[PDB]
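Drug bound: ivabradine. Macromolecule: Potassium/sodium hyperpolarization-activated cyclic nucleotide-gated channel 1.
Just so we're on the same page: letters track the sequence lines, and every chain starts at 1. Quick note: numbers below take in every heavy atom, side chains included, and nothing from hydrogens, waters or symmetry partners. Just follow the structure's listing: the first ligand is 1, and inside any ligand the first atom is 1.
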There are 4 protein chains.
Amino acid sequence: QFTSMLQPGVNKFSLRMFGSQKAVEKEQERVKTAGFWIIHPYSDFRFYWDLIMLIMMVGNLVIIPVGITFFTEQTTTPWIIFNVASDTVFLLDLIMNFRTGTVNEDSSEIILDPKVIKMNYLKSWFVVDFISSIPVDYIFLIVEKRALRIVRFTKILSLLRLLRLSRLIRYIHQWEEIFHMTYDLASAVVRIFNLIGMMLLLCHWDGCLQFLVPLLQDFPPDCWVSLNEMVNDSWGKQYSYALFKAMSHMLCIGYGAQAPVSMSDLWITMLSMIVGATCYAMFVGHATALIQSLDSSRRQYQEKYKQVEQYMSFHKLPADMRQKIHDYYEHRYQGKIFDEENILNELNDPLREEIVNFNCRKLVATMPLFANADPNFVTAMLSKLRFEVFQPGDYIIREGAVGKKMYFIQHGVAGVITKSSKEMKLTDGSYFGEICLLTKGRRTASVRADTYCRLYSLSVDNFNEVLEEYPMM
Amino acid sequence: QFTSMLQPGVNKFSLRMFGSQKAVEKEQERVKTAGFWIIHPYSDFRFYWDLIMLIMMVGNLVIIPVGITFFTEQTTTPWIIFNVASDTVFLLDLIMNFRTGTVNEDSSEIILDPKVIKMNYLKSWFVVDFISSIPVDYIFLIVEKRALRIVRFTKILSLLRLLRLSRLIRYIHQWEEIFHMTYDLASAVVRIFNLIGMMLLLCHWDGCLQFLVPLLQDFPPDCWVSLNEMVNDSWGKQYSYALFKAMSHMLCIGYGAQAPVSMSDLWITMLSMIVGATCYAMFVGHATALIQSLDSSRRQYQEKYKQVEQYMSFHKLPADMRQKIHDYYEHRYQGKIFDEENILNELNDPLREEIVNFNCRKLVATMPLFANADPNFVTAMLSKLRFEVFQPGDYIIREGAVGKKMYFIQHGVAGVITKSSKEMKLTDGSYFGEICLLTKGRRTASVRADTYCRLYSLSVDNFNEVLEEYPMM
Amino acid sequence: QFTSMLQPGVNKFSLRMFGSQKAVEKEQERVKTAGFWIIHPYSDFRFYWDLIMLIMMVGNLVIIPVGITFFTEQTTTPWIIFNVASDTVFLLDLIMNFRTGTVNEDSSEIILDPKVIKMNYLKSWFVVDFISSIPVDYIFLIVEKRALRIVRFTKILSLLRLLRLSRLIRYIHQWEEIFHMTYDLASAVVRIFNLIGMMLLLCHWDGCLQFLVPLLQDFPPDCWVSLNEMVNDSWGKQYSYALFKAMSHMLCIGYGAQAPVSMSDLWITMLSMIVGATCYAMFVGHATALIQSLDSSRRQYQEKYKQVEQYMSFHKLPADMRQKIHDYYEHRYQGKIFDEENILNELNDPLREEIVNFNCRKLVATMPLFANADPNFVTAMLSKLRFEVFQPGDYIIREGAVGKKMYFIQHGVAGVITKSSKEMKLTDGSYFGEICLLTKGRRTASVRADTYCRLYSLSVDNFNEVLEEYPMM
Amino acid sequence: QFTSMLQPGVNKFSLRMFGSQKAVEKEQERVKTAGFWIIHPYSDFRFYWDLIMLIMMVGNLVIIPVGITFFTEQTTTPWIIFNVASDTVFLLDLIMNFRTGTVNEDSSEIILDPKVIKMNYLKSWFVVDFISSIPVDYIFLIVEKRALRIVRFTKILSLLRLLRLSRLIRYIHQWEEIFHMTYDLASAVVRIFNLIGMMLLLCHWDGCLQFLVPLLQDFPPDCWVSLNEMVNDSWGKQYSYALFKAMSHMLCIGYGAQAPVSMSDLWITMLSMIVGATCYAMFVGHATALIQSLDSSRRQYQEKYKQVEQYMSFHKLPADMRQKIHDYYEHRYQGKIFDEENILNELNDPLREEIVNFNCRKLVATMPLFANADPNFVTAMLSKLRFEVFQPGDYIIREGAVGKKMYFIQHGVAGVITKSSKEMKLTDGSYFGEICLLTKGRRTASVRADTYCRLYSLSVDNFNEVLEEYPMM
Ligand SMILES: COc1cc2c(cc1OC)CC(=O)N(CCCN(C)C[C@H]1Cc3cc(OC)c(OC)cc31)CC2
Ligand SMILES: CC(C)CCC[C@@H](C)[C@H]1CC[C@H]2[C@@H]3CC=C4C[C@@H](O)CC[C@]4(C)[C@H]3CC[C@]12C
Ligand SMILES: CC(C)CCC[C@@H](C)[C@H]1CC[C@H]2[C@@H]3CC=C4C[C@@H](O)CC[C@]4(C)[C@H]3CC[C@]12C
Ligand SMILES: CC(C)CCC[C@@H](C)[C@H]1CC[C@H]2[C@@H]3CC=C4C[C@@H](O)CC[C@]4(C)[C@H]3CC[C@]12C
Ligand SMILES: CC(C)CCC[C@@H](C)[C@H]1CC[C@H]2[C@@H]3CC=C4C[C@@H](O)CC[C@]4(C)[C@H]3CC[C@]12C
């Protein structure tokens, strides 16, 4: 199964990235050119290793800053097992990254193990990854073995293990893009969550820095730790007030107790103020983009109607006409912005036929002429039907006018006013204007909408074009 | 009338959601399939019950947090009548929700009482609604009947009645969507008001939490209540300073008196800081969307002219030509962005005829050829007329050029320069270029705009097409 | 001249609102129907009275709050002359508003003095305007003439003169709309300035309220004035610290000295915090809209190229082809988003001819065939020319291919590779492909761009269409 | 080389601004009309002088405010060499600006030395530039030579050298526009960086002002310097706390130590609060524009699909059909918004042919009819091919239907269901519907997609049109 895990298995993502099985099976074979040493970027092992690393790299980036800053002994047996075990998992990841193909913009997944992948990692992120993976602090401690300066350096050297933020950022970005293909995550929701994670991590690290700079200076008499008398407090009361102090600078509220007296404090407060304000300005920006994208369809309709109001304003249309047009837009588009012609053009011939049959088949089927027609012909006619809304009192057809189009009534109560009978109120499902299909003369009756009336109009020219394609009918 | 209230009555919303009466009367009959136990989501009873619940659920969500936090006795007769009466109204609502059809995306309103509605509520919000409706606090008090721990639990158990926020949020969203169909509320104004309501409610609850966590700990010596000496103050001075403290953290101003000394305070301040900053970031985001949507039409014109400036920049047009084009855009579009062809195409044949007659009928009626024509023919010609603005000094028609279009003058003072008379200044309402309609030769006079001149041009080809449809004229 | 001032004079705004002189002179006559009692909303008297009122209403809204709050005696002779003189100017304005026509959306300017204007003001803003104009404080003082309560009421009654904010807001909105027609003020710059004015005015009034509520309570012992010992300080040190306190709550910085001890202070601080945060959220929103509209043209190009990158990504085009396409877009559109077809269609026939002659006349004039042609024919051909950019190495024409288009070279160095001579490098202004105009055969030479090459192509079909219109040439 | 440096050399910017070499060489000659006294705005000397000035003007605008405010003696030999040397470089720049051509909107680069450039600088920025370049402070000191008032004026007079901000702003804007042509810098990234530079500079200057106003008043007893006892502290502890105080007002956090007691402090704090809040509101605005422009392509796709959802909602399509359409959009556009017709129309004939050959040549080449065709004919057919995605189960071709289009299969497994054989599963690269090219009859087999199936369809009409152009084939 080792070859199977290292190879991109047939999944919804694979079949949507590479075209189809025969394409996925071609890529699986391309990996089999190198042996036991090539992992595909989309491989499930890369998926499983990346899910193991991301849990480990959030835990390390939350436990490691607290362990150096708020605990005096980091050479104790539990902290050496934790830092060696994490460093081993991270060092394996560096070896695996040398043998994992890299997705490439405008190309395939670089896969040649000797130079395509090994010489791209070395020229790119190998150093940041080497410094984070290696236990520099333990190497210095072993080489060096006046101890208090040694303990102060080890604490600074063990924060080179926070460069794993490079891998957490890179791995999250790689798998978020794979998930965007696999699912349709809203871009704004994915982006705001990456910042909320980055803001929480930076607030944790700023809280730790606010106690590390005072700790690495032996708690100077003007440091907040000494001034608030929290040098001897428990790690919880030291961490909670350091996070409180760092969150307060970030959301820019105020301070822990008082304004910074010392120069290490005045500068570490200013770094946490600049980091905090930039993160909040970005959160207000990400929040604005999420809020704009939630109401995009309703905002786009309002921008469409406002332009209709500007047309009416330019032509100075009377207020009565301006309300007839507002009532038409409310009852024609129903608050919905869509382009039927563009949306229908994008759809394939089978999906267009299904949408047209659901919308128009019932009404056309009732008409006697289309009842006995071949389903192929009816489907051609159904495409021709155009949707038209007539407001109350409007004359859909006027007596004595040339008849260029017949109407199928989807909804609304119309009324056929004539000279002989003068009383015929057609309702939902009824058809009018039928005679105007092969006579090419003049309409004998006038139909007036008596309520809004949503109708489907087939123009005599369009009927002829579909009729030309099917000669018998 | 019980059947009538439970059934969706013929209203502007019903006739705009379901197509028309015969459709509304069909739905009213669909409800009559189940008896006395089915309420339509659009029913007026659902409207009236939801208006009763929303007033009750704002009152309960404002009175209930204050009653538990700032008043020691909640077993007094007035607070038991208030909490039993509200719990009865809320419990009825749970029974009614089991028998109310649920609007469904992509479908009808689920209406079958036995499983379509009952088994969807149980699998969805029944629990949150059961916990909020039941008086858990009173059930615990009755079962349990060392009392101080009992009073502290009852206070936490009586805040499970704040889960009614689920119903206030769901009911407000259901009826705001019904109102959006019933009226055209701006999406941004509706969304900002839902946040201002949610921000005010969260600020009220954070103020109460800031006194409840200290109260449930017997006012510990480091709590703000004890430090500011407000343990024995009136409920007004305790509530006002707790709201002041919670609003200050939310708008991120500062603190009530000093930075939090205790760990319950440092953590409850940090929760109110994170809740407050996220609510304000969302208010700055909702404010940006309201401000962008108020000036959408003016912003869209500026983006249209900026593109004209970019065309002029690419072609490096001289500054004099760039000002002639700016003056044309000011006097043609008048600061208004609209697409006449798209806006006219959307309108039905009667509304298009009305807009065209108001804009063009007066001018065409003056012309002698169109004066005696059948109103049907004139309406066809009026559609052909195209609107054209000629700047001062422009030559609308040049002598000796082939004549392909005649001009009707809506506004502006033109002037007919010829060789014989050489002085004829036509003004508003005048027509020129008329001879170029059936001669198909060359123009004998040159007309120069002497002011901006808004004219309507009928091309000889368009005159022929309308003339082809009406043979006699 | 009294009739002339009350009548809308022929100005750039009048001639752009009403169509032209004969339309403006028609409106001037419509005003002359009522006598000495009708002022047109666009009248210059309305302009001059509104410029007098706006200076007076900013001065009153800045001097009047300070005079009541920071000065004990407002019955002194200088403050009675100032408040009577301002009240007289404001009372005249109420009389004039009864006789000024009101611009109406979807209509003309309501002008009938007896009911169209008088009964619309009474039903609209007469009350707010009556309360602001009348000296209620002086009427109460005269009627009432235990004095300390009288002085406290008069101070509250004299703040009903701050309702003139209604007129400043209405007059600024009326004249900003008139200026938008008169000039093209950016909407965002006009809107941000209205808020900066409203924010400065609300900050001034919040500063005064922070000292008025303590003053109207005889400086209670817990008020900030008494706690900071500023009861007996000069009006400058009392106003400056009250503005500092109100600006600090508004920009949400902190407090003047300490968090509010009293309940009048805790509530007046909370009102100034909610007013301040809403104004700042709106300033961040107006700033976002100004910043987005400054770079609209550059942002729109980036959105256009990003879509080209998405087309290339979907088709998985090789990285080399992706760079050829990026270089084409840089050298064809030059970072400019414009639609030549839409921008040209909007322009009138004279402006289109001028832009086409400047862009193309020099190059076409050099060609021998078009040199002797009638300027009418050349102008028709110049419209047909299409702009095309060929990248270095591209083959503009290939030997042996059917010739459907000739090329005029605007810029770039091409090269004619043939079999006989095989060396001819054409440069700026040169024409190639000329033989392919009346032969309808095959090209004998292949022209390869040797640098980018911006050329104008005239298709043989387009040459024939212009040639069809002019038979002799 | 002096003439060469002053002349616009042939560079990527020059060849993209002026059309090509022959155009650049024409401009180089236009400069040679004036002698040794005309520098082109795009000249490399202007580039090199502007890069020298910008380093010098950032250094002066950072060192000069600190030198006046935090150092008592500015007449010392090192500060006189620094201020004379910088003033000499700045005075040369004023002389050079008199002889450098100015880029002009809508025109060429003003180049005539006597009046085009000299009389435009004098009427524009000569004064601000003269006041900044001249050492006013030293001129006053020499003329004047009771000394403490002289030292206080000199400190105010030496801040007229901060008007060089005019040149830093103008030079940065000129060279950022030149770089935008030279490279495609994102507008949002360039604009946010100009603000981060302006915010850092204003925060530096506000920190210095907070100590200069107290210094110029002899450290009054209520000034923060005296109250925090920092009058005698080192320049580092005075500057660091003044910057801390000014950054705190700007990001609106709080204060250095306490709220301002004196009136110089209450007003200098209010100026730094208004300057700081306006800069942060602009940073939140620039951050919103950068964040919106990073995800423009993904946001635009979501707005396109939301409109498809609104079309489906208006027609009330069943939920099953709504999921077939969502799956089509995911597998047709693949999350990418692009307009193939618009993107292809913009590209030149060679780039369109290359994109079409890469996308379609392999599949068409396999077909036997197109295998022996002339490459010219195949390229014409390849343009006709249209891309179509058929979902699983869809019938691409139905037996007995008239055949109007043949299909080339790019990806997916189809299946040819017939009556005779009834089993033929075509895969990637296969072609079906071929017989429907010259028969004009009815299809004998029905092909059903058995997986998504991305195919290229050539319509019989389009095949005929390309076949009409090439008669032999
Ligand atoms: C961060 O601040 C700096 C910014 C910059 C540079 C240095 C900086 O450090 C002070 C480098 C530089 O000069 N260029 C880039 C050098 C690359 N070349 C290709 C562009 C430059 C060289 C040249 C020459 C030109 O004359 C034709 C010209 O057109 C005006 C433009 C240019 C501008 C950016
Ligand atoms: C809800 C719909 C619109 C889909 C949106 C998907 C969202 C909710 C998902 C997709 C990927 C997710 C992210 C994946 C990984 C991380 C990194 C971690 O350190 C913090 C959480 C964070 C940032 C997740 C937050 C939630 C997330 C952004
Ligand atoms: C003014 C025009 C554009 C129409 C806009 C309608 C606005 C003003 C209306 C429509 C529905 C209304 C909301 C309905 C119910 C609630 C919940 C309540 O707890 C707070 C107020 C709030 C949130 C209302 C605020 C105002 C509101 C949003
Ligand atoms: C600079 C270009 C884009 C044109 C923009 C015009 C701007 C600068 C002008 C037009 C009208 C002006 C406003 C007119 C009247 C007032 C009310 C006053 O109490 C404060 C200033 C304020 C709000 C002005 C600010 C500047 C303003 C908004
Ligand atoms: C990264 C891609 C998108 C290109 C963007 C270019 C950006 C990073 C470059 C282009 C020009 C640059 C600016 C040029 C000059 C200055 C003035 C200086 O006082 C502060 C930095 C600042 C403001 C630079 C910041 C970075 C900058 C804005």
Original post:
Counting duplicates, which parts of the structure are ivabradine?
Top reply: ligand 1
Original post:
Which other chains show a non-hydrogen atom at a distance under 4.0 Å from ivabradine (ligand 1)?
Top reply: D
**OP:** Report, by UniProt's N-terminal numbering, the transmembrane segments of chain D that come under 4.0 Å from ivabradine (ligand 1) by a heavy atom.
**Re:** 1, 4
